[PDB]
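The sequence lines fix the lettering, A, B, ..., with proteins before strands; numbering per chain opens at 1. Only a selected region of the deposited structure appears here, and contacts were counted within that region alone. Values below: all heavy atoms of this structure, side chains included; hydrogens, waters and symmetry mates excluded. So this one's electron microscopy, 4.1 Å, going by the header.
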Amino acid sequence: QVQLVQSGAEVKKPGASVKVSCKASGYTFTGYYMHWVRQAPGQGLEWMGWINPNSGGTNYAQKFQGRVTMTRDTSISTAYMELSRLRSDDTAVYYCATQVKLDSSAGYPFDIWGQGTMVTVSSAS
Amino acid sequence: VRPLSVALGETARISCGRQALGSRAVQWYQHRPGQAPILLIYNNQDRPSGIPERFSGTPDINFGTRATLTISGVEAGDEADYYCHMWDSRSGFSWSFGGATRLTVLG
Amino acid sequence: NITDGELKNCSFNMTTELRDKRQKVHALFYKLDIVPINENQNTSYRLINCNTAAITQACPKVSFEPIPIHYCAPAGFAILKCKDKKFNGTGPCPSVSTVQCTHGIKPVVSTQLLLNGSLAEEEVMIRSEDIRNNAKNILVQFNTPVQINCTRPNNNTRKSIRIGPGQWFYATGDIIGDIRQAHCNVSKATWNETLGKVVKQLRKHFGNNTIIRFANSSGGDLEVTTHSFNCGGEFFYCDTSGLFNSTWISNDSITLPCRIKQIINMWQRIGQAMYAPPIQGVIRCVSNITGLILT
Amino acid sequence: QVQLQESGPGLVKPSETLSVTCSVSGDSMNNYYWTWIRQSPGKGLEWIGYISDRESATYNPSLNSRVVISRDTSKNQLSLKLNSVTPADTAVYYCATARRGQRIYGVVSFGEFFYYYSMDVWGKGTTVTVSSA
Ligand SMILES: *[C@@H]1O[C@H](CO)[C@@H](O[C@@H]2O[C@H](CO)[C@@H](O[C@@H]3O[C@H](CO[C@H]4O[C@H](CO[C@H]5O[C@H](CO)[C@@H](O)[C@H](O)[C@@H]5O[C@H]5O[C@H](CO)[C@@H](O)[C@H](O)[C@@H]5O)[C@@H](O)[C@H](OC5O[C@H](CO)[C@@H](O)[C@H](O)[C@@H]5O)[C@@H]4O)[C@@H](O)[C@H](O)[C@@H]3O)[C@H](O)[C@H]2NC(C)=O)[C@H](O)[C@H]1NC(C)=O
Ligand SMILES: *[C@@H]1O[C@H](CO)[C@@H](O[C@@H]2O[C@H](CO)[C@@H](O[C@H]3O[C@H](CO)[C@@H](O)[C@H](O)[C@@H]3O)[C@H](O)[C@H]2NC(C)=O)[C@H](O)[C@H]1NC(C)=O
Ligand SMILES: *[C@@H]1O[C@H](CO)[C@@H](OC2O[C@H](CO)[C@@H](O)[C@H](O)[C@H]2NC(C)=O)[C@H](O)[C@H]1NC(C)=O
Ligand SMILES: *[C@@H]1O[C@H](CO)[C@@H](O[C@@H]2O[C@H](CO)[C@@H](O)[C@H](O)[C@H]2NC(C)=O)[C@H](O)[C@H]1NC(C)=O
Ligand SMILES: *[C@@H]1O[C@H](CO)[C@@H](O[C@@H]2O[C@H](CO)[C@@H](O)[C@H](O)[C@H]2NC(C)=O)[C@H](O)[C@H]1NC(C)=O
Ligand SMILES: *[C@@H]1O[C@H](CO)[C@@H](O[C@H]2O[C@H](CO)[C@@H](O)[C@H](O)[C@H]2NC(C)=O)[C@H](O)[C@H]1NC(C)=O
Ligand SMILES: *[C@@H]1O[C@H](CO)[C@@H](O)[C@H](O)[C@H]1NC(C)=O
Ligand SMILES: *[C@@H]1O[C@H](CO)[C@@H](O)[C@H](O)[C@H]1NC(C)=O
Ligand SMILES: *[C@@H]1O[C@H](CO)[C@@H](O)[C@H](O)[C@H]1NC(C)=O
Ligand SMILES: *[C@@H]1O[C@H](CO)[C@@H](O)[C@H](O)[C@H]1NC(C)=O
Ligand SMILES: *[C@@H]1O[C@H](CO)[C@@H](O)[C@H](O)[C@H]1NC(C)=O
C-alpha cells in the first residue's frame with residue numbers, strides 16, 4: 001500500500017545533529033518529489049524543503065539555509081535528513097510527504113502523509 | 001666526469017646528462033680549479049653582464065628539443081669544467097648539480 | 001612524483017590469449033573512477049561501477065558528434081509551425097504556417113546550460129509553465145550567443161593491450177608534457193551585459209522594483225551541480241559557481257576549472273555503465289552558450 | 001656591487017663547531033637571497049641550502065640535517081654551525097648570493113608555476129681541513 005514509515009528519535013542535547021529517516025513502498029520511488037514539513041506543538045505548519053530522489057536535486061527554504069542536508073539512497077528506496085547546530089526553539093514534529101495520486105499535475109498540494117516523529121531537545125538531563 | 005677534446009678553431013657543443021620532462025629551465029656554470037665559479041647562461045635565452053656574445057643559448061619553443069651549450073670562437077680562456085643545472089615541472093625541487101664535463105683544446 | 005594531483009598510475013594483472021599466461025600492465029586512472037577497499041589504511045584500489053553494475057567499452061570505430069536530424073511526419077499527417085514574436089508559451093498564435101517537416105536538430109546533452117541551440121529574435125525569452133510556484137524549472141533563451149572556449153592542454157597517449165582472443169583494451173598509457181588542469185574560459189563584459197538584459201526582462205514578472213540575486217547550485221550529485229557536457233569525444237564537468245555570484249538592485253576573461261570522468265553512468269538506469277576511450281592529442285572546443293535553466 | 005669575504009679556523013679536531021663567517025661589503029640587503037656552497041676535491045659543488053628573511057632553513061634530504069645557517073643584522077654577518085664533523089669532510093666553502101625567479105607555463109590562478117634560484121654574485125672561498133691532528 002502507498003505509505004511512508006519513519007523511525008522514532010530520542011531527545012537530543014543542544015549542539016547535536018539529528019538523523020531523520022523516511023522509507024516508502026509500493027509506488028515507484030524515482031518518479032515524484034518528496035517534501036519535508038515541521039509542526040510545532042500548538043502552532044501552525046512550516047515547510048522545510050523538497051528533494052527529488054531521481055537526481056538528488058534539492059531545494060529548501062531560507063529559514064534553514066546552511067544548516068540542513070538532505071540525501072537519498074535509491075538502492076533501498078529510503079531518504080535521509082540531517083541537522084546540526086541545534087537550538088531550543090526547534091522542538092517540533094517532522095513529516096515526509098509525497099503527491100502520489102491526484103488528478104492535477106502540479107506539484108502542490110500533497111495529500112498522503114506518514115506516521116511522523118516528534119523531536120525535542122533538553123539543555124540538561 | 002666525461003672529457004671532450006676539441007682543437008682550436010672548431011665549434012663544440014656539450015649537452016646535459018639528465019634529460020628533462022616538460023617545461024624546462026637550464027642554467028650553466030663554469031669552474032676553473034682554484035678560481036670562483038661564474039654562471040654563463042640562465043633562463044635558456046638571457047645573457048648576463050660581462051660575457052662575450054659568442055655562447056648562443058638553446059631556446060625552448062615547441063617542446064620536444066634538448067638543451068645544449070655551444071662554444072663559438074674558443075680562446076685560451078675557455079678551458080675549464082662545465083656544469084648544467086636543470087629545473088622542470090615534473091620533478092619538484094632539484095638539489096644536486098649532477099655530472100659535469102671537462103673540455104680540452106688541441107694546439 | 002609531483003610533490004605537495006589529479007590522476008594516479010595503477011598496475012594490475014591481466015589475462016592473455018593463452019588461458020594460462022598472466023601479464024602485468026600499468027595504466028593511468030582519474031581520481032573520480034577509483035574507490036578504496038581497505039581504508040585501514042593502505043592503498044588498495046578498485047573501480048567504482050562493478051560493485052553494483054556491469055561495464056561495457058565503447059569501441060572507437062563510431063563517433064558521438066551530434067549531427068542535424070529532421071523529424072518528418074508520415075503521409076496523412078501534417079505539422080503546424082507558429083511564427084509569433086511574443087509567444088509566451090501557451091495560447092493562440094496568429095501567424096501559422098504548414099511545412100513538410102522541420103529543420104535540423106542537434107541532440108546535444110547538457111546540464112544547467114543549453115548549448116548550440118536556436119537564437120531568439122529582438123529580445124530574450126523567459127518561459128515556464130507556472131511562475132508562482134517553486135516546482136517547475138524556468139527556461140531562459142538569449143538573443144545573442146555567448147562564446148565559450150573549453151580546453152584540456154594535456155597531451156595523452158593511447159595504449160592498447162590484449163585482454164583476450166580477438167579483443168582489445170585501450171587506456172591512457174602516459175601523459176607527455178606538462179601536468180595541468182583542464183579549464184574553460186568565457187568573456188566577462190558580454191556575460192555581464194547578457195545578465196543585465198535577462199534581469200531587465202525578468203523584472204516584468206516580479207514587480208518593477210525588486211532585488212534579484214543569484215547563487216550557485218545547492219548540491220547533492222556530480223551531474224546536476226556542475227556544468228556537464230561532452231566534446232571531442234570526452235566528457236567534462238566544469239564548475240559554474242564563478243558565474244551566478246552577483247547581486248542586482250535598482251580582455252580580463254573569466255576562467256572555470258573542469259574535472260574529467262571516464263566511467264560514466266549517463267541515461268540513468270541499472271546494470272549498465274559505459275566506458276569511454278581516451279582521445280589522442282589535445283582537445284579544444286568552442287561553443288555558443290545561449291540557454292539557461294533556473295529553479 | 002657587493003663583495004663577500006669569508007674567514008674560518010681551517011684546522012679543527014672532529015666533532016666541534018665549524019663557523020666560517022662571510023662579511024659583506026657593499027649595499028644593504030633588502031631582497032637578495034644568500035647561499036653556501038661546499039666543494040670537495042674529486043666531487044662537484046654541494047648546494048647545502050639557502051637563507052631568507054622568513055627564517056627558513058631548509059637543506060638537502062641527504063645531508064642528515066645537521067647544519068644550521070644564521071644571519072645577524074646587528075653585526076650584519078652570516079654564519080653557519082655544523083657539529084659532529086668527520087675528518088673526511090675537508091672542502092672549500094663559498095658564501096655567495098642568489099636571486100629567485102618564477103617560470104609560468106599554465107594559469108597563475110591555479111598555481112601552474114615554479115621557482116628557481118640563480119647565484120649571480122659569488123665570493124672567494126677558503127679551504128677547511130678537519131682531522132684528529
Ligand atoms: C583562459 O584565460 C586565462 C586568463 O588569462 C589564460 O591564462 C594565461 O595563459 C597564458 C598562456 O596560456 C599565460 O601566459 C604564460 O605566461 C608566461 C609568463 O609570461 C610572463 O613573463 C614573460 C617574460 O617576462 C619577464 O621579462 C619581461 C621582460 O624583461 C618583464 O617585462 C616581465 O615582467 C617578466 O619579468 C618577470 O621576470 C623577471 C625575471 O626574469 C622578474 O625579475 C620580474 O619581477 C617579473 O617577475 C612575458 O613576456 C610575458 O608577457 C607577455 O605578454 C605580452 C602582451 O600580450 C606579449 O607581448 C608577450 O606574450 C609577453 O611575453 C608574461 O608577462 C609566458 O612565458 C608563457 O608563454 C605564457 O604566455 C598567462 O600567464 C596566463 N595567465 C594570465 C593572467 O594571463 C588562458 O591561457 C586562457 N585559456 C584559454 C584556453 O583560452
Ligand atoms: C557546438 O557546435 C560546435 C560547432 O561550431 C562544435 O564544435 C566543433 O566540435 C568538433 C568536435 O571535435 C571540433 O572538431 C571537429 O572539427 C575538426 C576540424 O578540423 C575535425 O578535425 C574534427 O574531427 C571534428 O569534426 C570542431 O573544431 C568544433 N568547431 C567547429 C567550428 O566545428 C561543438 O562541439 C558543439 N558543442 C558541443 C557541446 O558539442
Ligand atoms: C604530444 O607529444 C607527441 C610526442 O612527442 C608530439 O609529437 C610529434 O610532434 C613533434 C613536434 O613537431 C615532432 O618532432 C615529432 O616527430 C612528432 N612525433 C610523432 C610520433 O608524431 C605531439 O606534437 C604532442 N602534441 C602536441 C599538441 O604538440
Ligand atoms: C606509475 O608506475 C609505473 C611503474 O612503477 C611507472 O612506470 C615506469 O616508470 C618509471 C619511472 O619512475 C621508469 O623508470 C620505468 O622504466 C617505467 N617502466 C617500468 C616497467 O617500470 C610509471 O611511470 C608511473 N606513472 C607515472 C605517471 O610516473
Ligand atoms: C575563443 O576562441 C576564439 C578563437 O581563437 C577567440 O577568438 C578570437 O579572438 C582573438 C583574440 O581575442 C583574435 O586574435 C582572433 O582573431 C579571434 N578569432 C575569431 C574567429 O573571432 C575568442 O576570443 C576566444 N574566447 C575568449 C573568451 O577568449
Ligand atoms: C557555493 O558558494 C558558497 C559561497 O561561499 C560556498 O561556500 C562555503 O562552503 C565551503 C565548503 O563547503 C566553505 O569552505 C566556505 O567557507 C563556505 N562559505 C560560506 C560563505 O558559507 C559553497 O561551497 C558553494 N557550493 C558549491 C557546491 O560549490
Ligand atoms: C595442464 O597440463 C600440463 C601438462 O604438461 C601442465 O604443464 C600445465 O601446468 C597444466 N595446466 C596448468 C596451466 O597448470
Ligand atoms: C599479480 O598478482 C600477484 C598475487 O596475486 C602479485 O604478487 C603481483 O604483483 C600481481 N601482478 C602485478 C603486475 O602487480
Ligand atoms: C501566457 O499568456 C496567457 C494569456 O493570458 C496566460 O494565461 C499564461 O499564464 C501565460 N503564461 C506564461 C508562462 O506567461
Ligand atoms: C563571489 O563574489 C565575492 C565578492 O567579493 C567574492 O569575494 C567571491 O570570491 C566570489 N566567489 C567566487 C567563487 O569567485
Ligand atoms: C556561434 O555564433 C556565431 C556568431 O553569430 C556564429 O557565426 C556561429 O556559427 C555560431 N556557432 C554555431 C555552431 O552555429
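This structure shows the largest set of contacts to chains B and D coming from the chain the PDB entry labels Envelope glycoprotein gp120. Looking at chains B and D, one finds the drug 10-1074. At a heavy-atom cut-off of 4.5 Å, other chains contacting 10-1074: C. The source organism field of the entry for chain C says Human immunodeficiency virus 1. Name assigned to chain D in the entry: 10-1074 Fab heavy chain.
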